[PDB]
Amino acid sequence: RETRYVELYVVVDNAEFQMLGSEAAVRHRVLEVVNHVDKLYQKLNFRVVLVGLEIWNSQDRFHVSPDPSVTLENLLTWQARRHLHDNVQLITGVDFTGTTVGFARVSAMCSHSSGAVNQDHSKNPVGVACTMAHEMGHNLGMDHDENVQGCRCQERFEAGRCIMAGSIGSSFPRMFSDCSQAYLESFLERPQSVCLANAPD
Ligand SMILES: CNC(=O)[C@H](Cc1ccccc1)NC(=O)[C@H](CC(C)C)[C@H](CSc1cccs1)C(=O)NO
Ligand SMILES: [Ca+2]
Ligand SMILES: [Cl-]
Ligand SMILES: [K+]
Ligand SMILES: [K+]
Ligand code: NA
Ligand code: NA
Ligand SMILES: [Zn+2]
């Protein structure tokens, strides 16, 4: 099939901003993260392109709660209330309850509820880039590797975990399991996946 493109809109909340210090430090870090996300998805004939960026240097336009569900719902609610993107990814400096660092609306890509929330949990920008690729994967119809029986992951190194494992562990994931790929292909059957057909400029 032809290359698919995610036109991505990133929002950085107040906590994240005050954590990085300045506007340039955030732009630098966002470009880092998005560059790696795009790198991970190139192995799926996917391009992830940043088309918009919003930094809340003063206050958040909605409540970012320690609970990912709340924050995610607040994002989708706030977003709906314009642009032209396919997907919205929130990056926060708020530490989510427990060990949770990401949450997403499943199979919502291209819909009005197309979004996810990501905590910048690691000094390495790769940390939040893998989380977002994972979350973005949910938006694209992917489940956890452990929820698909006989799912095969071709990661030869570390613990052999892939991007869509329900837990990161001690090493950041690098590839997509075979079930990830299969589920993404199924999602690309849905007529709603049409918004991924347009290559930006
Ligand atoms: C470093 N932290 C982790 O590895 C935790 C570990 C964990 C696993 C299960 C339950 C709670 C915590 N995993 C996540 O943060 C997942 C995202 C990662 C894999 C990118 C995240 C867990 S989902 C929920 C957790 C609690 C309520 S809902 C997920 O699946 N989003 O897509
Ligand atoms: Ca599009
Ligand atoms: Cl989720
Ligand atoms: K890596
Ligand atoms: K999967
Ligand atoms: Na936490
Ligand atoms: Na891992
Ligand atoms: Zn998940």
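The first residue in the sequence is number 1, and the count goes up from there. Reckoned from all heavy atoms, side chains included, excluding hydrogens, waters and symmetry mates. For ligands, and for the atoms within them, numbers begin at 1 and follow the listed sequence.
As PDB records put it, the drug at ligand 1 is batimastat.
Of all chains here, the one making more contacts with batimastat (ligand 1) than any other appears in UniProt as Disintegrin and metalloproteinase domain-containing protein 8.
Among the Zn(2+)-binding residues UniProt records for chain A, the set within 4.0 Å of batimastat (ligand 1) by heavy-atom distance is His134, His138, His144. In chain A, the UniProt-annotated active-site residue lying closest to batimastat (ligand 1), with its least heavy-atom distance, is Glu135, 2 Å. The nearest protein heavy atom to atom 26 (C) of batimastat (ligand 1) is closer than 4.0 Å. Within the 4.0 Å heavy-atom criterion, neither part of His121 lies near batimastat (ligand 1). Only the backbone of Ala165 comes within 4.0 Å of batimastat (ligand 1), counting heavy atoms alone; no side-chain atom from C-beta on gets that close. Counting only non-hydrogen atoms, the option in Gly166, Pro173, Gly102 that gets closest to atom 23 (S) of batimastat (ligand 1) is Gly102.
At distances under 4.0 Å from batimastat (ligand 1), the other ligands and ions found are ligand 3 (chloride ion), ligand 8 (zinc ion). Between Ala104 and batimastat (ligand 1), a contact under 3.5 Å exists for no N or O pair. For chain A, the entry records the source organism Homo sapiens.
The residues of other chains having a heavy atom under 4.0 Å from batimastat (ligand 1) are listed as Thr99, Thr100, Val101, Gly102, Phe103, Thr131, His134, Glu135, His138, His144, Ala165, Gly166, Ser167, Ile168.
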